[PDB]
Trainee: 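Berberine + Multidrug-efflux transporter 1 regulator, experimental structure. Questions below.
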Protein chains: 2
Amino acid sequence: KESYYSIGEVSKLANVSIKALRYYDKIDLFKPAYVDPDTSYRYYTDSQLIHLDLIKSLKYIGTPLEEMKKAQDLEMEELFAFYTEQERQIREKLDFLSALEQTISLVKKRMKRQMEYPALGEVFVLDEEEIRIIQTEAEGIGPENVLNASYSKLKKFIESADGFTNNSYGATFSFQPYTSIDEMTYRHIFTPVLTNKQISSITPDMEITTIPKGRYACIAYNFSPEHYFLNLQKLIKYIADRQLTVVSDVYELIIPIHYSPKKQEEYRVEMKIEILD
Amino acid sequence: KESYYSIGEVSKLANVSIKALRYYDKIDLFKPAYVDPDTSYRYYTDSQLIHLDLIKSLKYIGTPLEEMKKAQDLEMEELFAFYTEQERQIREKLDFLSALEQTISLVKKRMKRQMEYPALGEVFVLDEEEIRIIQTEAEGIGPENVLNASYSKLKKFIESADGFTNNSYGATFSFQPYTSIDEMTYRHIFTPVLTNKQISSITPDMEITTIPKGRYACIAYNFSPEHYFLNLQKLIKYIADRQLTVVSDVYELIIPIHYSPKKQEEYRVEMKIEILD
DNA sequence: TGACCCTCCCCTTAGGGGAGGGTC
DNA sequence: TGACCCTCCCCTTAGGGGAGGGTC
Ligand SMILES: COc1ccc2cc3[n+](cc2c1OC)CCc1cc2c(cc1-3)OCO2
Ligand SMILES: COc1ccc2cc3[n+](cc2c1OC)CCc1cc2c(cc1-3)OCO2
C-alpha cells in the first residue's frame, strides 16, 4: 500500500464513525499518519488500521478511552493480566445484576400478594410464610406519633444490603382489648428485609428477627384515620367470637399505594396476628 | 409532625446528598413542600419523605431520572409491570456480560498458548484442537500484497457476533516446494471466530469452516520479511526429511505483539500444516 | 459566632447533530 | 459539480466541587 486512506475510507473499513475517528485523533489515541498541511484532511496508512483492533475491542468491553492509552503500550505479556482484571470487573457487574434481579422478583412477589388480597375491611385467617425483618424498639412511639423519620436507621440498613429500600413500614403492639387509639403504644417498629445478604455489621439496637410462619388472623384496608381503630376492633372481636388464642403481637404493615407528589396520598394497611386453633 | 425538615436533615435522614436534593428539586422530581420566600431555604414535610423511597430504589436499578417521573404516577398496578420491564433489561445486561466474560476467557486462552510456545524458528509436530474460522477466497491476494483492509468484510462479521474483533489474521496456500515468495498465492484469507453465536445472516462469499483437529507440523516466529520464506523452507524440508504426508493447505496466522503507535510494529507468525504419520 | 443553606459557575464520557465553508 | 472533509459550536446524565455571600 503506497497510498493513504481518507477518513471516510477508514470509517467504512473499520466500522468506526468519522466523528469517532476525529475524536480518537484529538484524544491522541489514534492519530492519522499524515495530515495535509493545507486542507487539514486526515490520511491513514493501511498498516495503521491494526491499532483500531485493540481500541474497538476494549471499547466493546467498556474500557474508558484514556484507560486504553496505557493498554496499547503493554506487550501481550501484561495485556493478558489487563484482561484478567477486566474479567474481575465483569463478574462484579454480574453478581450485582443477579442480586438485583432476585431483589426485583421479590419486590414483585410481595407486590402481587397485596394486589390479590381476599377482601378489604373483612377479617380472615390464612396460612402465611415467614417474613424476615429488622426491628428496633419503639421508645414510646405509638400510632399517633410515628414518623417516616422514625424508620431512618432501619432503612439505612436494608438499603445497604438490598440497594432497594423497604416497600412497607411496620410496627407491633401488645394484643389488648383497647378502647382507644391513645391507649396504644408500639413495642417495635420494623422494616422487612429482601436480601438476607449478611447485614453489614449491624448495631445491637437492632434485632434481626422474623414474623414466623403460621396461621394469622388478618385484615387489610386502605388507610383512613377513622378506620384504623374500627378495623383493629373487628380483629379483636373476631378473635373473641371464635375463641382463638393469640400467640404474637399484632403485626402492623403500612405500604403506600403510590409515590406521586401530585395525587392525594393513600396507604394500604394490614394487621395480622398469629393464632392457634 | 407540625414542623419541617431542613435540606440537611432530609439528607441525613434519607441518605441522599444535599446536592442530589437540590437537583431533584430543579428537575421537578422531588420539590420541598415549602421554600422560604426570602432565604430561599428548602423545607420538607415528614410525610413527603416517602416519595424518596421510589426515587432511591429506581436509582439503584439505574432508571433515568426523567423516567422516574412517569413511574411515580402509576399506582402499584402498573408499577408492577414497570418492574417486569426492568427485569427484562436486567437479564439483557446479564446475557451480554456472561457472553462478554466467555469471550475474554477465550481471548486469554489463545493469548496464553502463543505465550507458552515451545520454541521460535524451530519446527515441531503437535496435536491441535480444532479452530473455527470464517474465510473468503483470496482473489489473487498473496504474501506480498495482502492488506489489513483485505480483512474488512471478514472482520465486520466476527465483530457483530463477538463484539471483540479477531486477534489474528489468517491465510492459506497450497503446500508446494516453492523456490520463491513471488511464486506464492493465497487460496483463502481468514479470521478465527470466538463466539459460535449464530453468525448474523452470513453472505455466501464467506464460508464458516474450520482448521480441523489433528497433528500439525508447525513453526512460529517473530516476523521479518527475510525470515518468512526461510521458515516456510524449514517446514517444507522438515516434512520431506521425515517423509510426512501433508493433508491440508499451509495455515498462516499473523498476530500483532502490541498495538502501540509509539513502538515499532512487530508480529507473531505461525505456520502449521496437518500431517499424517 | 459557627454550622447550615443558597445561587452561580466550571467540570466530567464519548462523541452525534448540525452549520458554514472549502475540497478530490 | 456533487460527494467528501474540516472546524466550530451546542447538547447530553446526574450531580460533585468549590466560591462568594447571607443565615438558624
Ligand atoms: C408513610 O408511612 C405512614 C403514613 C401515615 C401513617 C398514619 C398513621 N400511622 C402510621 C402511618 C405511617 O407509618 C409508617 C399509625 C396509625 C394511625 C392512627 C391514626 C391516624 C394516623 C395513623 O390518625 C388518627 O388515628
Ligand atoms: C497486521 O497484519 C499484517 C502485517 C504485516 C504483514 C506482512 C507480510 N504478510 C502479511 C502481513 C499481515 O497479514 C494479516 C504476508 C507474508 C509477507 C512476506 C514478505 C513481506 C511481508 C509479508 O515482505 C517481503 O516478504
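First the proteins, then the strands, lettered A, B, ... as listed; each starts at 1. For ligands, and for the atoms within them, numbers begin at 1 and follow the listed sequence. Header lists the method as X-ray crystallography, 2.7 Å. Hydrogens, waters and symmetry mates play no part in the numbers below; they use all other heavy atoms, side chains included.
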Trainee: Mind telling me which chains or ligands belong to berberine?
Mentor: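 For berberine, that's ligands 1 and 2.
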Trainee: If you measure heavy-atom distances to berberine (ligand 1), which other chains fall under 4.0 Å?
Mentor: A, B
Trainee: Tabulate residues with any non-hydrogen atom nearer than 4.0 Å to berberine (ligand 1).
Mentor: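 By heavy-atom distance, those residues are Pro143(A), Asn148(A), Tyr151(A), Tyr169(A), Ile181(A), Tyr186(A), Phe223(A), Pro225(A), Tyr228(A), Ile254(A), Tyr267(A), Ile50(B).
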